[PDB]
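Drug on board: ampicillin.
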Amino acid sequence: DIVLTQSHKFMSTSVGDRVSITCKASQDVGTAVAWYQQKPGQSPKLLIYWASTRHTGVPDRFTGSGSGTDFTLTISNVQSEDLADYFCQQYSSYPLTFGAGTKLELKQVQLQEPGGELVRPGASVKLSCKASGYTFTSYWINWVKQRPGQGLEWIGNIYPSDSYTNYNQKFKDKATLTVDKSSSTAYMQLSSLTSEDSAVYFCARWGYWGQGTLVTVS
Ligand SMILES: CC1(C)S[C@@H]2[C@H](NC(=O)[C@H](N)c3ccccc3)C(=O)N2[C@H]1C(=O)O
């Protein structure tokens, strides 16, 4: 698997400074790399893709670069609203992997963001991911696990059109992906839950991450 080593877990900066967050792929990943911004209680917002193309709406402050192995995300004049988590994504080959992330800081009320469920150990859970506003069958749906202080993990994806699926070997026996064309809803069923399965589970379309769902196993 391709490991993406992100240069610092924590980065201190100040409003007005220039910042550089880097990711080093352990194998060549071409220019298939994306950078995301994630604020607490929110979901990743795509900033750069194909390593250097700025996504629509993202302010010039952000710039991406690199090809093959060393990727960089630079913010020319850091602003307050920029203080967040940033992580890189590699989509050159399976399993898709992510850099453990970088928290950009200097040195708010949050309620049910996201909502979720508390289930029992050894039990099973089936998470939903309703889609709206676009042709469900035309875009892969990915599922990602996020624990609080660790790096994002990609579970697998599925093409709703024919339900073709890819699994990160690590989740092969824990997750099973399905979709329901009739209600444009993708699902993920986790089996034999342990405290290790407690996390926020996101489903994502290229450029649109869901709000996620908190699965607590107690
Ligand atoms: C080669 C691919 C992996 S890239 C594309 C889409 N990838 C995304 O939606 C997006 N980058 C994404 C968001 C969140 C987590 C992981 C990935 C996806 O899955 N498709 C595959 C395909 O077309 O063969």
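Here chain A follows the PDB entry, giving residues 4-110, 132-242 in order. Determination method: X-ray crystallography, 2.4 Å. FYI, side chains are in, hydrogens and waters are out, and symmetry mates aren't considered; it's all heavy atoms of this structure. We count ligands from 1, going down the list as the structure has it; atoms in each ligand are counted the same way.
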I'm curious which residues sit within 4.0 Å of ampicillin (ligand 1), going by heavy atoms - can you tell me? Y39, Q92, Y97, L99, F101, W164, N166, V168, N181, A228, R229, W230, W233
Return the closest protein heavy atom for atom 16 (C) of ampicillin (ligand 1) as residue, atom name and distance. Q92 OE1, 3.1 Å
Look at atom 9 (O) of ampicillin (ligand 1) and say which protein heavy atom is nearest, naming residue and atom and giving the distance to 0.1 Å. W230 N, 2.7 Å
Considering all protein heavy atoms, does one lie under 4.0 Å from atom 18 (C) of ampicillin (ligand 1)? yes
Taking distance alone, with no angle check, do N166 and ampicillin (ligand 1) share an N/O pair under 3.5 Å? yes
What residue and atom, counting heavy atoms only, is the protein's closest point to atom 3 (C) of ampicillin (ligand 1), and at what distance? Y97 OH, 3.5 Å
Atom 1 (C) of ampicillin (ligand 1): nearest protein contact (heavy atom, Å): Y94 O, 4.2 Å
Residue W164 vicinity, atoms of ampicillin (ligand 1) by number, heavy atom under 4.0 Å: 18 (C), 19 (O), 20 (N), 22 (C), 23 (O), 24 (O)
Protein contact of atom 14 (C) of ampicillin (ligand 1) - nearest heavy atom, named by residue and atom, plus distance: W233 CZ2, 3.4 Å
Using a strict 4.0 Å cut-off to heavy atoms of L99, name the atoms of ampicillin (ligand 1) that fall inside it. 3 (C), 16 (C), 17 (C)
Please list, in number order, the atoms of ampicillin (ligand 1) under 4.0 Å from a heavy atom of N181. 19 (O)
Check ampicillin (ligand 1) against the protein and report each N/O to N/O distance under 3.5 Å, formatted as atom name, atom name, distance.
residue, atom, partner, partner atom, Å
ampicillin (ligand 1), 9 (O), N166, ND2, 3.3
ampicillin (ligand 1), 9 (O), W230, N, 2.7
ampicillin (ligand 1), 19 (O), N166, OD1, 3.1
ampicillin (ligand 1), 19 (O), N166, ND2, 2.8
ampicillin (ligand 1), 19 (O), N181, OD1, 3.4

